[PDB]
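Consider the following structure, which contains (S)-(-)-nicotine.
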Amino acid sequence: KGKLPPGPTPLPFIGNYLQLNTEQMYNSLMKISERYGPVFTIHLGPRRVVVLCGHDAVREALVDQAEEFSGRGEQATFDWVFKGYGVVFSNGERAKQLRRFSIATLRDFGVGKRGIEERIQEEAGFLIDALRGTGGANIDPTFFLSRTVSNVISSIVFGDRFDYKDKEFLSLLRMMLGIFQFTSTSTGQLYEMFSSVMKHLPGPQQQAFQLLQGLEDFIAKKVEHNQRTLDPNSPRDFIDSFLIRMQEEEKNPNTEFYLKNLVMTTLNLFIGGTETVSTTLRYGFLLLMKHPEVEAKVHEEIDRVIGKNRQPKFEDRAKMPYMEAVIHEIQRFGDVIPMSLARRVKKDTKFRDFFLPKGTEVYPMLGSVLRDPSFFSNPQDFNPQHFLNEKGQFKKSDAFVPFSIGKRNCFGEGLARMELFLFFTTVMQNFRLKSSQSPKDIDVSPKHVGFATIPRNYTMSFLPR
Ligand code: HEM
Ligand SMILES: CN1CCC[C@H]1c1cccnc1
């Protein structure tokens, strides 16, 4: 029965609203940690949350006490559509079934294997083609990168990749993009505290709902399409494998394989498989143009190990320590999902002499692990040396946790690291990156930080080398 972690006294309903700047949630919670310690209690409106800061607090909970911290908490904006259904927002039995099935089915369509390495190499080549065809003109790379990324997971879950022509495609991409931005604003973070009121009020949360509805309707139309052209012995994509598994479980009335879980799971993958990698690429190029010395070492190393002729491949990894360090440092620096997705204690839990009642939400401050001064000698700088030893060979970090850790850690990690290596490598093989402004003027502080870290709007050009 010990005590909850210390933290500032909340008000009825508003919680710790007075100590929170919803524009800068992460900076807010970190200011509070400086006063209360690395483990503290915050009230996000009426949501009682335990916040974990620094590598040690986060590894201790999510790894050393893995089972106890394995429950899924809420993200309220996403909840509006998912409603506890689908792999990401589910718990207990639902969670174990959808994750085990999702991981396996991803692996059946080539994730972690030559299959998807081919699909990514191919789709990369299509990206090179498009950036050439701009002929060095000053463009917004946003939808160039995200079309390419989205087409990879799209081929896995929908079968065939989207034609760049498709107007529905861009529409979906705008939708995904506007949701990531919304959830990263003051208002999206205010919604995390006050959703039981705000869901019924007018404002930018109404528009973010319409985008979620947009994505749900598109997935439900693709499912429909898949069902009535289905072939039970030869699955065409993820949706088919879940349709089939649905059919096998018409006997079991306690099954988790029904329509709503298929829709929401496919939506999770589509969304998860698109926006984070895409935001990482986009920040990544921005960082590279700001650090032209880094771009030159990368260029130097691409030329010696790969040269201009062949397609980069995943194994090149092993022989490119400086590129792996660059991509590691883009992820670390980007901090794209700075507060993870919320966890929940699965039962009454003891954790460092605090007591956590069953159901308490947990915030793993992944951003604080990526910036932990005990693991990286210059947290606020972009410096690939963070992941290099004395001998310029790749150096692992225990604080490299952009995908989180523990039992509900990101299972798209393997796909992502593959897409990131290949897309970054192939793009810089063919282009030098040319900024709109001089390196000293490039602003890499974020536009929005909340659920995600969003880079500022920018333009650039892609010049042949
Ligand atoms: C830059 C790439 C990515 C980053 C930084 C990232 C980040 C994260 C984080 C921080 C979590 C929460 C894990 C936890 O609760 O401990 C998560 C979960 C998840 N991710 Fe990713 N992710 C990425 C890519 C992907 C991709 C490509 C997919 C699609 C295949 C994907 C699908 C998912 C799913 C389905 C979950 C829910 C895990 C569960 O509840 O069991 N992610 N991700
Ligand atoms: C933000 N994401 C990256 C991995 C999980 C994914 C996500 C988050 C919220 C809803 N669906 C998918």
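Chain A is numbered as in the PDB entry; shown residues: 30-494, in order. All ligand and atom numbering here is 1-based and tracks the order in the structure. Values below: all heavy atoms of this structure, side chains included; hydrogens, waters and symmetry mates excluded.
In this structure, the ligands or chains belonging to (S)-(-)-nicotine are ligand 2. The name UniProt gives to the main binding partner of (S)-(-)-nicotine in this structure is Cytochrome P450 2A6. Other-chain residues and nucleotides with a heavy atom under 4.0 Å from (S)-(-)-nicotine are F107, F111, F118, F209, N297, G301, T305, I366, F480. The protein atom (non-hydrogen) at minimum distance from atom 5 (C) of (S)-(-)-nicotine is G301 CA, 4.3 Å. For atom 11 (N) of (S)-(-)-nicotine, the closest non-hydrogen atom of the protein is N297 ND2, 3.8 Å. Listed by number with element, the atoms of (S)-(-)-nicotine under 4.0 angstrom from any heavy atom of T305 are 3 (C). Looking at UniProt's substrate binders in chain A, a heavy atom closer than 4.0 Å to (S)-(-)-nicotine shows up in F107, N297. Under 4.0 Å from (S)-(-)-nicotine, there are other ligands or ions: ligand 1 (protoporphyrin IX containing FE). Atom 8 (C) of (S)-(-)-nicotine has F480 CZ, 4.0 Å as its closest protein atom, hydrogens excluded (heavy atom only). Atoms of (S)-(-)-nicotine found under 4.0 Å from any heavy atom of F209 (numbered from 1 in listed order, with element): 1 (C).
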